[PDB]
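Let me begin by presenting the structure, written as C-alpha cells, before commenting on it.
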Number of protein chains: 2
Amino acid sequence: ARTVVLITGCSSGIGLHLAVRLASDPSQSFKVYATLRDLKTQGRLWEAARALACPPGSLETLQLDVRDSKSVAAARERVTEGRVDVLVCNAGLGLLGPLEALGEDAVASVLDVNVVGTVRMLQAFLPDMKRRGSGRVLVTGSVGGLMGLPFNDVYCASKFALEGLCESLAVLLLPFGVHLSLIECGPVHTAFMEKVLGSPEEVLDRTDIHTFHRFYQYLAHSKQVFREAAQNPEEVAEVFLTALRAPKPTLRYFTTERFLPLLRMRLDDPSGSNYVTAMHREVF
Amino acid sequence: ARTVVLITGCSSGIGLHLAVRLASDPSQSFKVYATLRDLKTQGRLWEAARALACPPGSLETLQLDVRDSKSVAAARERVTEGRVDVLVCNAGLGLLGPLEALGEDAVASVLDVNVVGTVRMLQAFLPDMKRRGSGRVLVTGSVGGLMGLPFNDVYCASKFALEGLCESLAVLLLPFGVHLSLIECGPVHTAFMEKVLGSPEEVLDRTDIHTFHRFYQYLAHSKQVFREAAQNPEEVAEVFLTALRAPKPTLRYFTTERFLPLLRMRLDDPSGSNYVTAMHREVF
Ligand SMILES: NC(=O)c1ccc[n+]([C@@H]2O[C@H](COP(=O)([O-])OP(=O)(O)OC[C@@H]3O[C@@H](n4cnc5c(N)ncnc54)[C@@H](OP(=O)(O)O)[C@H]3O)[C@H](O)[C@@H]2O)c1
Ligand SMILES: NC(=O)c1ccc[n+]([C@@H]2O[C@H](COP(=O)([O-])OP(=O)(O)OC[C@@H]3O[C@@H](n4cnc5c(N)ncnc54)[C@@H](OP(=O)(O)O)[C@H]3O)[C@H](O)[C@@H]2O)c1
Ligand SMILES: C[C@]12CC[C@H]3C(=CCc4cc(O)ccc43)[C@@H]1CCC2=O
C-alpha cells in the first residue's frame with residue numbers, strides 16, 4: 001500500500017501520460033490503476049509504460065466505462081490495496097458544430113460521460129474517502145467550463161456542470177479532510193481533438209448558410225489558436241502532480257495562463273454582455 | 001397575429017405566473033402558449049387565468065415534456081401563427097441530498113430534463129428564429145448556476161450547465177438578431193423549496209453519520225434563508241417582462257441582488273477557495 005491512484009480515461013491524452021508519469025515516478029511512491037473504457041485500447045498505454053521502464057507493480061490497467069454503474073463499482077472492488085488516496089476523474093467527450101446540427105443521442109452521451117460519470121466516480125469513492133477523512137480527487141478542468149465558446153454549447157455545458165458538481169461538493173467536504181481540485185486545462189495535444197472535429201462538411205445540411213460559414217470561420221480560428229498554445233499532455237500532467245503535493249489544494253489549478261484575461265474581464269461584467277462581445281469579436 | 005410566446009412547464013410557479021401575466025396583459029399583445037408535461041395539471045393554471053381575466057384566445061395550453069423530442073416537435077407544429085417570437089425554457093426539477101444518497105435514475109432525470117430538454121427546445125425553435133433574423137429566448141436562471149450550494153451538487157450541476165449552454169449560443173447568435181438571456185433567480189415563493197420537510201431514513205441508510213448531520217443542519221439554514229429571501233413568482237415573472245422589453249437585452253438578468261456580493265467575492269479568486277471557505281462558513 002502506497003499512494004494509490006485511480007485514474008479514468010487512461011487510454012490516451014492526459015489520462016495516459018498521467019498514468020505513466022505517476023507510475024514511473026522516480027520515488028516509486030505511486031501505485032496507479034489506469035482504467036480504460038475499453039481494455040482493447042491499452043496498447044499505446046503499455047507501450048509508453050515500457051518506454052519509460054515504469055517499474056513492475058506500479059501500473060495495473062483496469063477497464064472502467066464511466067457510463068455504467070456496474071462497470072464502475074467492479075473496478076472499485078478490484079483495488080487490492082482496499083483504498084484510493086487520489087482519484088482522477090478524466091474521461092470526457094467533445095462535441096462541435098451548430099447546436100441544431102447535433103443529435104439527441106450525441107448530446108446525451110457527452111453529458112452522460114462527462115457529468116453523470118463524474119457522479120458515478122464520486123458516488124463510489126467519496127464515501128470511503130469520507131469515513132477515512134483523508135483523500136484527494138482531481139477533475140480534468142477546461143476553459144469551456146469557465147467561459148463560453150461558439151459551437152461548443154453541449155461540451156461547454158458538460159464542463160460548466162463539472163464546475164458545479166465540484167464546487168458544491170468542495171463546500172461540504174471542508175471539515176471532511178477530503179480534497180477537490182479542478183485542473184483547468186486549455187488546448188492540448190490529445191486524442192480529444194484529433195477526431196471529434198468529425199467532418200465540417202455535413203453541417204450545411206442541418207443549418208442555414210450563415211451559421212455554416214461561421215462554423216468554418218470558427219474552425220479556422222480554432223485550428224490557428226490550437227497550433228499556438230496546445231500544450232503537451234506531459235506539461236499538463238505536471239499540474240496534476242503539483243496539486244497532488246499541495247498540502248491544502250485549492251478548488252482549481254490552471255495549466256495555461258492565456259485564458260486568464262478573458263476570464264478576469266468576464267468576471268467584471270455580471271450581465272455577461274461585454275464578454276459575449278469580446279469572445280465573438282475574437283473567434284470571428 | 002402578434003407577440004407569440006411559448007412558455008414551457010407553466011403547470012406552476014414561475015411558469016404559470018409569467019404565462020398568465022402575459023396573456024392577461026393590458027396591451028392584450030401577447031398570445032401565450034402555456035405548455036405542460038401532463039395536461040391534467042392545467043387546473044390551477046386556468047384558475048389563475050380566469051382570475052386574471054385573460055381574454056379568450058390569448059392563451060392556449062399545449063402539452064410537451066422536454067424529455068421527449070417527439071413531444072417538443074408536436075408542440076411547435078401546434079403554434080398556428082407559424083412563429084414563436086418569444087421562447088421561454090422554464091421547466092426543470094431540483095435535487096437535494098448527499099451526492100451518494102441520490103439515485104442514478106434521479107441524477108439522470110435532472111440532467112436530461114434541465115439541459116437536454118433545453119437543448120431540444122432550442123434545436124426546434126432557434127432555427128426559424130434565426131432565418132427570421134428576429135427572436136427572443138428566456139431561460140430561467142439560478143444562483144446555483146452562478147455558485148455551488150452544499151447538498152445541491154447535481155442541481156447546481158444542471159444549472160451551471162445552462163450558463164454555458166446559453167452563454168456559448170449567445171456568442172454565435174450575436175449577428176443573427178435573436179436574443180438569449182437567463183433570468184438568474186433566487187429563492188421564490190414556490191412549494192418545493194418551502195416544503196422541504198422530511199429527511200427520511202432513506203437518506204440515513206445511504207450516507208455516513210458525519211454527512212447525515214451536515215445534511216439536516218443544511219436544511220435548517222436553507223429553511224431560514226428561504227423564510228427571509230424567498231421571492232414569490234409574481235416578482236420573478238415581472239423580471240422576464242423587463243428583459244423582453246429591452247431593445248437589446250443582456251445575457252443575464254438578476255431577479256434579486258442578495259447574492260451579488262457573494263459572487264462578487266467569487267470574482268476576485270481564481271482558486272475558488274476563498275468562496276468554498278466563505279459559503280461553507282455561511283451554510284454551516
Ligand atoms: N485536452 C483537451 O482538449 C481537454 C480539454 C479540457 C479537459 N480535458 C479532459 O480530459 C479528457 C480527455 O481529453 P484529452 O485532450 O486528454 O483527449 P482524449 O483523447 O479524449 O483522451 C481521453 C479520453 O477519455 C476516454 N473516454 C472516452 N469516453 C469514455 C467512456 N465512456 N468511459 C471511459 N473513458 C472514456 C478515453 O478513451 P476512448 O478513446 O476509448 O473513448 C480517451 O481517449 C476529457 O474529455 C476532457 O475534455 C481535455
Ligand atoms: N424558482 C426556483 O427556486 C428556481 C430557481 C432558479 C431557476 N428556476 C428554473 O425554472 C424551473 C422551475 O421553477 P419555479 O420556481 O417556476 O417552479 P416549478 O414548480 O418547477 O415551475 C416549472 C415546472 O417545470 C415543469 N416540468 C417538470 N418536468 C417537466 C418535463 N419532464 N417536461 C416539461 N416540463 C416539466 C412543470 O410541470 P409539472 O409540474 O407538470 O412537472 C413545472 O411546474 C427550473 O427547474 C429552474 O430551477 C427556478
Ligand atoms: C475549451 C478548450 C480550451 C479552449 C479552446 C477550445 C476551443 C475553442 C477556443 C477558442 C478560443 O478563443 C480560445 C481557446 C479555445 C478547447 C476545446 C477543448 C478545451 O479544453
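Reminder, nothing fancy here: chain letters follow the sequence lines and each chain counts from 1. Both counts, for ligands and for their atoms, begin at 1 and track the order of listing. Quick note: numbers below take in every heavy atom, side chains included, and nothing from hydrogens, waters or symmetry partners.
- In this structure, the main binding partner of ligand 3, as named in UniProt, is 17-beta-hydroxysteroid dehydrogenase type 1.
- The drug assigned to ligand 3 in the PDB is equilin.
- In this entry, the other chains with a heavy atom less than 4.0 Å from equilin are A.
- Judged by heavy-atom distance, the UniProt substrate-binding residues in chain A that approach equilin within 4.0 Å amount to A:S142.
- According to the deposit, the organism of chain A is Homo sapiens.
- Per UniProt, the active-site residue of chain A closest to equilin (non-hydrogen atoms, rounded to 1 Å) is A:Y155, 3 Å.
- Short-range neighbours of equilin under 4.0 Å, ligands and ions only: ligand 1 (NADP nicotinamide-adenine-dinucleotide phosphate).
- The set of residues with a heavy atom less than 4.0 Å from equilin is A:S142, A:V143, A:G144, A:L149, A:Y155, A:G186, A:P187, A:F192, A:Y218, A:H221, A:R258, A:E282.
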